[PDB]
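The block underneath contains the structure these notes are about, expressed in structure tokens.
Chain letters run alphabetically, one per sequence line, in listed order. Heads up, chain A uses the PDB entry numbers, so what you see runs 1-359. All residue numbers given for chain B refer to the PDB entry; the residues shown span 1-359 in order. FYI, side chains are in, hydrogens and waters are out, and symmetry mates aren't considered; it's all heavy atoms of this structure. We count ligands from 1, going down the list as the structure has it; atoms in each ligand are counted the same way.
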Protein chains: 2
Amino acid sequence: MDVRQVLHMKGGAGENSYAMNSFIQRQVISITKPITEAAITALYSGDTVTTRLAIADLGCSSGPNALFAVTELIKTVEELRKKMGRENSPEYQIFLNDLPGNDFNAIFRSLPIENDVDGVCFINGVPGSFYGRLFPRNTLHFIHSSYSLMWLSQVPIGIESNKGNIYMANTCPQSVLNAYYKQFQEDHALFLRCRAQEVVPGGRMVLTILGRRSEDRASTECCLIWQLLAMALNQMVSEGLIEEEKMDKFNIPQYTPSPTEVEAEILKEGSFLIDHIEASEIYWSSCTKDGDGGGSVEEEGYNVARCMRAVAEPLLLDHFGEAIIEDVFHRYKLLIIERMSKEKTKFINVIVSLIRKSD
Amino acid sequence: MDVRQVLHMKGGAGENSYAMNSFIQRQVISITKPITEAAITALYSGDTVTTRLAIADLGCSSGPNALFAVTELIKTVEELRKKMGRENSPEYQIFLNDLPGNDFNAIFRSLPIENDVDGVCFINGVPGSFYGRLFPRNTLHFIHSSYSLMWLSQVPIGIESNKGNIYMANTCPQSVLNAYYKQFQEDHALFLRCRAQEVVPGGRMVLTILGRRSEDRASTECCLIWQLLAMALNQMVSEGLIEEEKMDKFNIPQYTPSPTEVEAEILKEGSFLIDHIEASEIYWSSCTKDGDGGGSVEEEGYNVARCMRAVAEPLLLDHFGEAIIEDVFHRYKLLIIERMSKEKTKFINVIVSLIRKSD
Ligand SMILES: Nc1ncnc2c1ncn2[C@@H]1O[C@H](CSCC[C@H](N)C(=O)O)[C@@H](O)[C@H]1O
Ligand SMILES: Nc1ncnc2c1ncn2[C@@H]1O[C@H](CSCC[C@H](N)C(=O)O)[C@@H](O)[C@H]1O
Ligand SMILES: O=C(O)c1ccccc1O
Ligand SMILES: O=C(O)c1ccccc1O
Ligand SMILES: [Lu+3]
Ligand SMILES: [Lu+3]
């Protein structure tokens, strides 16, 4: 019950939600530029990428970021082909992938409004799950992917997650719960097999999954944010609100963090090589040089909520209905604002650069 | 003034408009099956199409039809590969193209809801004008295209089209108007050049443009339907309604019919071969075995209007605003119902099958 595929996407661009609330995932893509520079330099260096380069963003979204990274690759490549590696640029063939029901219209419109693109970039939207095959065999040289690979194929089955039902969140789950991990394995390995068939032997993949360091499936490194949402909900279930305890006891984000558990999966599948694989970290700055450069009634208050709202409003709205929503984010907002103080909130970013190997 | 590219699309699927009003374009695709059978048999016969076949619909839309034809090719091909021509099927790679701002979400959703597809069909939406390049060089084996190629790049420039301003419509235009033809040439030839670069040397293209026989740029063969709309409008301009005469004197559909004028263009560009090229015709049946199998208060009344509404409501709504709309189609409706009687309304379908030649 609950088909992630048909159910989740991020709030649709234009308005205040996901486009107007994804600056943090934007900075992560920023900071991850170097790892990707090595990646495309390495791949461009010497032919495999001849007359056609085919970059593909997996789990892109709406608004900026969708094209942000696939636009700093075509950049770099062009800057090489001129400082020499070849005399002509290749034609860039882009593939923006996401689940059906993401805002492809929003991108095709308010975005490529940039008619064509430099070096000529043929853009293509590919709807579907990346936990399966999206492109023909040996079609791709380069696969980018930030903050999307932690999302799961489905919710993990066995679940007695009562209190902090929401997630793998720490304290009170009972290892029985961590069938999440058992889930991540079959999902992530099925992702790799597929990618292995479509990525050309020289091809590169730079995946950025939001995970952790603590090797302890339950830490504020990953479980807080949902815990905070859960906490917001459990108070409303108590206060009497349209969640019986029967309803909340069924909601559960379906995604999993982790760091070495990744390499653990990448080599099990003997398809990709590995490189610079690390785990960076970022603060819930969730802003920019924003007008008011506030404290918490801003920095997390609102900015970290509107983000977690554009990110989960649909999962919720679909499991509890609109009547709630307004209220759960007003509360959730406050909880993080306060939780912002007693501690320094942040996320971990297992990053991996890879190479289809074999031949 | 009036960027077709940003401005027109057909009414967005789901509701009563284009999905629920395109049965006529559906029958044309039906009747055009044979020409396409020859086309893909010829192309499948003997390798060029090895492990990857790449069909691409140009000017697809929303709802059925988008996939309708690209789904009766993958069909046919499969039926050959088994009655032998090979032991395995290729992977099908589909490209659905339309202007930005068509309903790609509607297709990606309510349509591929059919998870994947038989023989595995990777679907890709390509937003952009086909009066330019949409895919890399030598990327395509097979290009389908019904009722979209008569649409122009833009409105033709010089225009003193006062009365039946709406179109190339007969009586009262003054050959000066038929700068439409001068338009069709630069548009259609620029379509061919582009297609010529992306269609692989063995590749086929089956284009179905709504045109005419009469070789006379102005006949009920093509100019009636708009004339009828124009007629509906001119009565409202008169009746005082929110069209000064200044407004109506600027609206003008930007597309052109024709039949031999097509081959005339295809060989001028020395890129494609030609084959079975004909011109079939179809009645404004605009229905199916519909409940009530009416007469005219139905057959054209409504059914031929709702179609011409899902087809032009946007061009209008954008040139005159919503205040009108309701009223212009109520009237337009009646005019065709009546015009249905004194005569037997129908359209002509210049159809062309082609082959990238050279090498
Ligand atoms: N199985 C799956 N296949 C494809 N996309 C998926 C997916 N599961 C989740 N996603 C997508 O992953 C996207 C993650 S949000 C990504 C934001 C962007 N890449 C950035 O770095 O800012 C969501 O729109 C969601 O629909
Ligand atoms: N320059 C252009 N490039 C791509 N698509 C175009 C175009 N000009 C018009 N179109 C598209 O052509 C489509 C024609 S309606 C097509 C219906 C479908 N092919 C059928 O046979 O029923 C419109 O959605 C429109 O946006
Ligand atoms: O999918 C996301 O972008 C996301 C971002 C921050 C925290 C949890 C998440 O699932
Ligand atoms: O674009 C169409 O589908 C169309 C259909 C019937 C008459 C005129 C048109 O432009
Ligand atoms: Lu650089
Ligand atoms: Lu057949």
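The drug candidate or drug found at ligand 3 is named salicylic acid. The chief contact partner of salicylic acid (ligand 3) in this model is named by UniProt as Salicylate carboxymethyltransferase. By chain letter, the other chains having a heavy atom closer than 4.0 Å to salicylic acid (ligand 3) are A. In this PDB entry, no covalent bond connects salicylic acid (ligand 3) with a chain. In chain A, UniProt substrate-binding residues less than 4.0 Å from salicylic acid (ligand 3) by heavy-atom distance: A/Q25, A/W151, A/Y255.
The shell of residues around salicylic acid (ligand 3) (heavy atoms under 4.0 Å) is A/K10, A/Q25, A/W151, A/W226, A/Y255, A/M308, A/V311, A/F347.
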